[PDB]
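Next up: a structure with telaprevir (bound form).
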Amino acid sequence: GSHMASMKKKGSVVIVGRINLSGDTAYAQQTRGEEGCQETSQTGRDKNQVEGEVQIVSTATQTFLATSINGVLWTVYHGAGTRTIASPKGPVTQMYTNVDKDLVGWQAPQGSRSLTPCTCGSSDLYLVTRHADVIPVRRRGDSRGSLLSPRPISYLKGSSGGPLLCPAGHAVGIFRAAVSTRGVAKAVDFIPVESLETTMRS
Ligand SMILES: *[C@](O)(C(=O)NC1CC1)[C@H](CCC)NC(=O)[C@@H]1[C@H]2CCC[C@H]2CN1C(=O)[C@@H](NC(=O)[C@@H](NC(=O)c1cnccn1)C1CCCCC1)C(C)(C)C
Ligand SMILES: [Zn+2]
């Protein structure tokens, strides 16, 4: 048995900022501080204005990214689990949940902008990090790419859920993991956008 009246619920994912890609300069903006984030995770009620394609999101313990593509805000299952997302009307249930693809999605928040899936086939990609770095990545397979300049894995911590973009700024994938050797990220693993598209098709 167990005492049911004291069973807690997991909080909602909370949008706490965005990676601004609108101008000629990429930069992170914070829209909610830590105390606000904790409260909003509990209530699931977030009245803040949302803008942009890449959101900075937080659970109780971690901060990472979520990316809007085709009207859905996507992130990684290993980060978000089955959590609701906070919104002006209260918690919003996931529209997509797929542990096998490591993928979740919610209806894109009002005010957000969506990326469109890449159709050009380019293997020259750009990873947008949680600190608003735009890192060149050569595509190496369906779900892998190599960093042109390897980095300590710390550099990529917090970027799970962010986008890989083609040269024209279309979505190629969702970053999920670094391939590391002795703490150095030489490559990345991502969820291909075609996998999101199939998820949306049925
Ligand atoms: C992302 O969730 C994030 O930003 N998290 C911060 C806390 C909010 C995070 C980005 C890390 C740079 N992703 C991960 O932590 C992923 C997820 C995916 C499911 C489990 C975890 C582990 N992970 C990783 O990126 C790891 N990488 C790996 O496990 C790779 N393996 C190795 O690097 C390796 C394996 N054997 C020997 C030597 N090295 C595998 C490789 C195959 C594809 C999947 C990733 C770490 C070690 C955390 C970088
Ligand atoms: Zn493209």
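Since chain A takes its numbers from the PDB entry, the residues it shows come out as 980-1181. All ligand and atom numbering here is 1-based and tracks the order in the structure.
- Telaprevir (bound form), all copies counted: located at ligand 1.
- The backbone of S1138, and not its side chain, has at least one atom closer than 4.0 Å to an atom of telaprevir (bound form, ligand 1) (non-hydrogen atoms only; backbone = N, CA, C, O).
- Put simply, part of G1137 is less than 4.0 Å from telaprevir (bound form, ligand 1), judged by heavy atoms.
- Contacts of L1044 with telaprevir (bound form, ligand 1), taken as heavy-atom pairs under 4.0 Å, are absent altogether.
- Not one N or O of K1136 is nearer than 3.5 Å to an N or O of telaprevir (bound form, ligand 1), by distance alone.
- Note: an N/O pair closer than 3.5 Å links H1057 and telaprevir (bound form, ligand 1) by distance alone.
- Applying the 4.0 Å criterion to heavy atoms of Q1041 picks out, from telaprevir (bound form, ligand 1), the atoms 7 (C), 8 (C).
- Each of the atoms 8 (C) of telaprevir (bound form, ligand 1) lies under 4.0 Å from some heavy atom of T1042.
- The authors modeled a covalent bond from telaprevir (bound form, ligand 1) to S1139 OG.
- Both the backbone and the side chain of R1155 come within 4.0 Å of telaprevir (bound form, ligand 1), judged by heavy-atom distances.
- Contact annotation: for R1123 versus telaprevir (bound form, ligand 1), heavy atoms closer than 4.0 Å belong to the side chain alone.
- The distance criterion of under 3.5 Å between nitrogen or oxygen atoms is met by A1157 with respect to telaprevir (bound form, ligand 1).
- Below 3.5 Å of separation, one finds no N or O of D1081 facing any N or O of telaprevir (bound form, ligand 1).
- The heavy-atom binding site of telaprevir (bound form, ligand 1) at 4.0 Å consists of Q1041, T1042, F1043, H1057, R1123, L1135, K1136, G1137, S1138, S1139, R1155, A1156, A1157, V1158, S1159.
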